[PDB]
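Each residue takes its place number in the sequence, starting with 1. Only heavy atoms go into these numbers, but all of them, side chains included; no hydrogens, no water, no symmetry mates. We count ligands from 1, going down the list as the structure has it; atoms in each ligand are counted the same way.
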Amino acid sequence: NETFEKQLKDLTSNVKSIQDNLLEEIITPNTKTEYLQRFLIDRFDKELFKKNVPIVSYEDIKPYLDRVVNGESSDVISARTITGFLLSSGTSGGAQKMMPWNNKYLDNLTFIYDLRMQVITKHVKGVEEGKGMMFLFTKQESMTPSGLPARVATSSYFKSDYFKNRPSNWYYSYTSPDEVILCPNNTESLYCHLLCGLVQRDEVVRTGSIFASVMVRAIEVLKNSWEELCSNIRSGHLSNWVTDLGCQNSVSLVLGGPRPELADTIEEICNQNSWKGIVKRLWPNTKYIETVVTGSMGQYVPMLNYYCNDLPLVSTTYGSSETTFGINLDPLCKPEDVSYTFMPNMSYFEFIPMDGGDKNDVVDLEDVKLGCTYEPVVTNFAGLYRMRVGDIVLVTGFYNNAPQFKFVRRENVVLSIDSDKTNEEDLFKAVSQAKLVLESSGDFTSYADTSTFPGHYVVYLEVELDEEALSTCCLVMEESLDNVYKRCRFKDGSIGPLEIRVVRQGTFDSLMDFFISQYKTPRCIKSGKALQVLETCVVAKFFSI
Ligand SMILES: Nc1ncnc2c1ncn2[C@@H]1O[C@H](COP(=O)(O)O)[C@@H](O)[C@H]1O
Ligand SMILES: O=C(O)c1ccccc1O
């Protein structure tokens, strides 16, 4: 695989020139856009670009985005025609952010998919003849006034020929038929994922999903669905409640006919006392689990390890709605040691120092410092120039001349389970809308609880008590969160009812003691030991609905 090795060494050594070339490739055709004309960028000139083009947040350039979303010519901001939009997890004052998009995003994405396939096969053997049980989902598109579809990045891929006509090798070979993957009903599709996977269990040499929250759900759903799956296996008939015609036709063929011996074989595996190692006992030829376990997904590692008998957890890719950033070049590492190596062909990257270790104002990709934290700044192929990503990364090293980054967190996010990234700003709002029912009927922090599936939000409050009021304080707190939450909470089942746990009096003063025992009360708490002081000063619990 000499082509790959060469390709990678080239990418990682020539970082500076590739970036400078990329920048020219983006700027040159865009010099007559309204946006670039405004900032006097009449030619490729790197210092003029850095001097005169502003660093922006989503909010700074929103009037431009709204124009294209509403139907105005793409050439306001990009001479590469905007053919759609990406719906970000991140929000802007309630609404999801809508990033401009075209097929360059998928060119980059498929480049990354091919690259990471080569990285994986270099290190992991025994996968080239098997298939993957990948829990992949399509979310249905939202329509814009322009007539262009807004989708999630990964659905932008599934709904395209980049997916339909993908390469014909092991890495693109799944136990599930494409129809299952394309099913907009994810409850139906996940059931079918499991069912097709069980049918073809011996062939499974890997499993996973984009994020670890989803792999966890696949296993929890399996636990709650296995008797039904096995009946379908026994009979050779998919269950009637699956409405999707594509799933109906496609899964029926995988089933093929009554398999009462395979059903018994699976029933007997599932009936063991413990669920420990279940993934590997049902799919014994699995070599790894392919899923993101970095950032807030790290909270799922022990559970993954429990179900998977310490199969390697390979966390390959760091990407976003603005752009795909890069990959993990050391896939067999532990999750807490995962760094992502940005690829210089993805977009032109700058970085804003988030600490004292770098006193510069903004720096190029090749100038970032070891141990230093930065916020990435992206210039891409769809009309984004020098936009803040609102993530925080830490430089852990350099692979040749390619900086490697540990993902620290998304700026301002206090609560995450699954897809939702609830910002502090969202939590103030809702806890202002709870203060009303407490101001009429009759401090605070939060934790993300994933001890049960589905994970759920926990808010501590500092007030017997009625359960009209406090139950309705759970409700308003939920209903004032974002559409990502609500899709996760009401449609997908990735999130259960928000919990309100009332603190004792003085707990919200002896909490000012907590980090004193280390002012500003945290609106989230991760510290296991400080979860202790909270969990023992609860006088009552209440939930949403
Ligand atoms: N590999 C990863 N590890 C941790 N967080 C990630 C990873 N990939 C993406 N993210 C987070 O998910 C976000 C996805 O962006 P968007 O598609 O706009 O919702 C990023 O901005 C990061 O905050
Ligand atoms: O497509 C992916 O596999 C992916 C994974 C992590 C982040 C963004 C992504 O597009």
S.K.: Which compound, drug or drug candidate, is present at ligand 2?
M.R.: salicylic acid
S.K.: I'm curious which macromolecule has the most heavy-atom contacts with salicylic acid (ligand 2) - what does UniProt call it?
M.R.: 4-substituted benzoates-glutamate ligase GH3.12
S.K.: Mind pulling out the residues near salicylic acid (ligand 2)? I'm using a 4.0 Å cut-off on non-hydrogen atoms.
M.R.: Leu109, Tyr113, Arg116, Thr154, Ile210, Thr317, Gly319
S.K.: Which other ligands or ions have at least one atom under 4.0 Å from salicylic acid (ligand 2)?
M.R.: ligand 1 (adenosine monophosphate)
S.K.: Which heavy atom of the protein is the closest neighbour of atom 7 (C) of salicylic acid (ligand 2), given with residue, atom name and distance?
M.R.: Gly319 N, 3.5 Å
S.K.: Any nitrogen or oxygen of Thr154, side chain or backbone, less than 3.5 Å from one on salicylic acid (ligand 2)?
M.R.: no
S.K.: For salicylic acid (ligand 2), which atoms sit closer than 4.0 Å to a heavy atom of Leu109?
M.R.: 1 (O), 10 (O)
S.K.: Would you say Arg116 and salicylic acid (ligand 2) have an N/O pair spaced under 3.5 Å apart?
M.R.: yes
S.K.: Cross the UniProt AMP-binding annotation of chain A with the residues having a heavy atom under 4.0 Å from salicylic acid (ligand 2), and give the overlap.
M.R.: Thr317
S.K.: Among all protein heavy atoms, pick the one closest to atom 6 (C) of salicylic acid (ligand 2) and tell me residue, atom and distance.
M.R.: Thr317 O, 3.3 Å
S.K.: Of all the non-hydrogen atoms in the protein, which one sits nearest to atom 1 (O) of salicylic acid (ligand 2), and at what distance?
M.R.: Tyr113 OH, 2.4 Å
S.K.: Would you mind pulling out the UniProt salicylate-binding residues of chain A that have any heavy atom less than 4.0 Å from salicylic acid (ligand 2)?
M.R.: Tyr113, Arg116
S.K.: Name the closest protein heavy atom to atom 5 (C) of salicylic acid (ligand 2), giving the residue it belongs to and the distance to 0.1 Å.
M.R.: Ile210 CG2, 3.7 Å
